[PDB]
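Position 1 is the first residue of the sequence, and the numbers go up from there. If you check the header, you will see the structure was determined by X-ray crystallography, 2.7 Å. First listed ligand is number 1; within each ligand, the first listed atom is number 1.
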Amino acid sequence: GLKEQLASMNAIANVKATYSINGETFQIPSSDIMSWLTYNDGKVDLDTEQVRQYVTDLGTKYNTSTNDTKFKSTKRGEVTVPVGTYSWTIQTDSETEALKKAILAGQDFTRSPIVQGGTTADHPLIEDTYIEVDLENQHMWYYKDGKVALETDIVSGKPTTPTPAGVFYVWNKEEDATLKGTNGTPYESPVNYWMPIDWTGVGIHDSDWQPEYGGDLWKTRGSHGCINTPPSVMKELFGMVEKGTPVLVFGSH
Ligand SMILES: *C(=O)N1C[C@H](NOS(=O)(=O)O)CC[C@H]1C(N)=O
Ligand SMILES: [Cl-]
């Protein structure tokens, strides 16, 4: 029905296609959609090459796997936390087909895109719940639904083997575990509570062996990378922190 197909083309061009990605919300411009419209051998469709470009660019713009994260810190205002293990990436070919299908349906819509990674793009990467590790002030907070639920001085890694910055997360929890390391070569360390955040096996754990925790102590008594924590505190922390909670670690540019 050419009559019907042309009415289809009208509708399609007039669709309000809205994306919600990492918190930002926006509408795909009507001019971009009229561009993409096609009609060939009696079939209405969209120019895949062009739609795929658009979706590729969404990736370039928004992907938390390749774009750092602006973070409102506790002591320093808005800082930039670099990419880490807690991230996601838009799957270009899946999203391209999904977006075409949505648009050719010709009904107004909102979507967040198809991604692969630690969470989805339907919400901002960081929300009201997270662990903040301010490496400069050498101090750590656990925020839960907006409010600080616990805080403490810590000891980061020594300057030869420093704690890296990035948007990390608690990917596992383990009790009475025993960690392996290197110095001239092999060594060990038993720990009551262990929460890794990184793929090189950085993580947050208790320290019997650190007598005090604070400001300068890291320069001489620093760790191999991990975040040494008061044992009375670390227990109480492991108690309240769900697996999957993000951990933001940062120091001064
Ligand atoms: C964390 O950086 N690691 C885990 C483990 N514990 O470190 S600590 O005893 O210095 O606090 C061993 C070293 C290191 C690693 N390379 O896994
Ligand atoms: Cl991995």
Just wondering what drug sits at ligand 1. avibactam (bound form)
Going by the PDB entry, what is the chain that binds avibactam (bound form) with the most atom pairs under 4.5 Å called? L,D-transpeptidase
For avibactam (bound form), which residues make up the site at a heavy-atom cut-off of 4.0 Å? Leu179, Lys180, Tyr187, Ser189, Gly201, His205, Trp209, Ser223, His224, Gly225, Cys226, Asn228
State the covalent attachment site of avibactam (bound form) as residue and atom, or none. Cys226 SG
